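Step one of this worksheet: look at the structure below.
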Amino acid sequence: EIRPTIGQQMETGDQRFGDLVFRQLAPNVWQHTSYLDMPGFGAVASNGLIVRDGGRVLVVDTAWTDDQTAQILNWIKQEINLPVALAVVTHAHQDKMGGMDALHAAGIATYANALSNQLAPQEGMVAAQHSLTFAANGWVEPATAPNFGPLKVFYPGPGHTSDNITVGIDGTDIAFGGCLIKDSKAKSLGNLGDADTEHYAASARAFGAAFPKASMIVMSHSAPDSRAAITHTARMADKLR
Ligand SMILES: Cc1onc(-c2ccccc2)c1C(=O)N[C@H](C(=O)O)[C@@H]1N[C@@H](C(=O)O)C(C)(C)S1
Ligand SMILES: [Zn+2]
Ligand SMILES: [Zn+2]
């Protein structure tokens, strides 16, 4: 088993599949986890989501690489055997967007914040094929998110990056904070190299307010947590200003 240097460990409830780990969170929601082996440091886990919506599946975030992302698609084919309608990626960094080419080879429509698509080439990423735009209060413009089923996309403001977005899963008590939110026991806010240290706290809190009844908070580098992950992230971010 994979014991990452950074990221949650495997526990009861986890399925190893290839180089990845999958965990069912709800009857129709699974967390995908993939690992980047960094030289001299060991594996860094990154999480995203798989959502069944009737006869189709929706994905939030790629794995770190194209091969890992193809493995996600193979797990979905094995375990669910329904087509992937679209994927939403939550900002233009490798943990979230490093597998875009596997999605595109598979014929899956991809969506990202317009700003993530504008940044991606500068980051050595491939842009998603469609751009999401957002209102002044952070809610996605619904015409840019056609047929998203239960995915409710919200741009909370700059934080981990200027383009980070978040996704609520309607019909469940789950919301996904991506790299913006760290868990309730975290000692750090992770990589702040692209962060907006003035606005981070307010953006973390805005994500909480967008999904006020979400009780299970999913994030990129820890196991799903309570709402304390939001409040503790904001308290850590208050110290950056
Ligand atoms: C590693 C890693 O190695 N190379 C890239 C990369 C490639 C192209 C563009 C940008 C980065 C990368 C990456 O994606 N790093 C992310 C980042 O910087 O935010 C990861 N999220 C952090 C967080 O959530 O705090 C983290 C400390 C877990 S690291
Ligand atoms: Zn990032
Ligand atoms: Zn990250």
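What you see of chain A is 30-270, where the numbers are those given in the PDB entry. If you're wondering, the header gives X-ray crystallography, 1.2 Å. All ligand and atom numbering here is 1-based and tracks the order in the structure.
- At ligand 1, the drug present is oxacillin (hydroxylated form).
- Here the macromolecule with the greatest number of atom pairs within 4.5 Å of oxacillin (hydroxylated form) is listed in UniProt as Metallo-beta-lactamase type 2.
- Of the protein's non-hydrogen atoms, the one nearest atom 27 (C) of oxacillin (hydroxylated form) is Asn220 N, 3.6 Å.
- Listed by atom number, the atoms of oxacillin (hydroxylated form) under 4.0 Å from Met154 heavy atoms are 8 (C).
- Using a 4.0 Å cut-off to heavy atoms of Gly219, the atoms of oxacillin (hydroxylated form) that qualify are 25 (O).
- When only non-hydrogen protein atoms are considered, atom 10 (C) of oxacillin (hydroxylated form) lies nearest to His122 CD2, 3.4 Å.
- Shortest contact from atom 6 (C) of oxacillin (hydroxylated form) to any protein heavy atom: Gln123 CB, 3.7 Å.
- Using a 4.0 Å cut-off to heavy atoms of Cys208, the atoms of oxacillin (hydroxylated form) that qualify are 24 (O).
- If you check which protein heavy atom lies closest to atom 13 (C) of oxacillin (hydroxylated form), you get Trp93 CZ3, 3.9 Å.
- Looking at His189 against oxacillin (hydroxylated form), only its side chain comes within 4.0 Å, counting heavy atoms.
- When hydrogens are left out, the protein atom nearest atom 23 (C) of oxacillin (hydroxylated form) is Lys211 NZ, 3.3 Å; that is the closest non-hydrogen contact.
- Heavy atoms of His250 found under 4.0 angstrom from oxacillin (hydroxylated form) belong exclusively to the side chain.
- As for UniProt Zn(2+)-binding residues in chain A, a heavy atom under 4.0 Å from oxacillin (hydroxylated form) is present in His122, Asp124, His189, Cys208, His250.
- Contacts of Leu65 with oxacillin (hydroxylated form), taken as heavy-atom pairs under 4.0 Å, involve the side chain alone.
- For atom 9 (C) of oxacillin (hydroxylated form), the nearest protein heavy atom (residue, atom name, distance) is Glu152 OE1, 3.3 Å.
- Proximity to oxacillin (hydroxylated form) (heavy atom under 4.0 Å) is shown by these UniProt substrate-binding residues of chain A: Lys211, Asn220.
- What sits closest to atom 21 (N) of oxacillin (hydroxylated form) on the protein, heavy atoms only, is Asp124 OD2, 3.1 Å.
- Distance remark: protein heavy atom present below 4.0 angstrom from atom 25 (O) of oxacillin (hydroxylated form).
- Between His120 and oxacillin (hydroxylated form), no N or O atom pair is found at a separation short of 3.5 Å.
- Neighbouring residues of oxacillin (hydroxylated form) under 4.0 Å (non-hydrogen atoms) are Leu65, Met67, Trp93, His122, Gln123, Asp124, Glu152, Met154, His189, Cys208, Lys211, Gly219, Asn220, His250.
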Distances under 3.5 Å, N/O of oxacillin (hydroxylated form) against N/O of the protein: list each pair and its distance.
from	atom 1	to	atom 2	distance (Å)
oxacillin (hydroxylated form)	14 (O)	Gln123	N	3.0
oxacillin (hydroxylated form)	14 (O)	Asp124	N	3.4
oxacillin (hydroxylated form)	18 (O)	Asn220	ND2	3.0
oxacillin (hydroxylated form)	19 (O)	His122	ND1	3.0
oxacillin (hydroxylated form)	19 (O)	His189	NE2	3.0
oxacillin (hydroxylated form)	21 (N)	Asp124	OD2	3.1
oxacillin (hydroxylated form)	24 (O)	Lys211	NZ	3.1
oxacillin (hydroxylated form)	24 (O)	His250	NE2	2.9
oxacillin (hydroxylated form)	25 (O)	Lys211	NZ	2.8
oxacillin (hydroxylated form)	25 (O)	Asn220	N	3.0

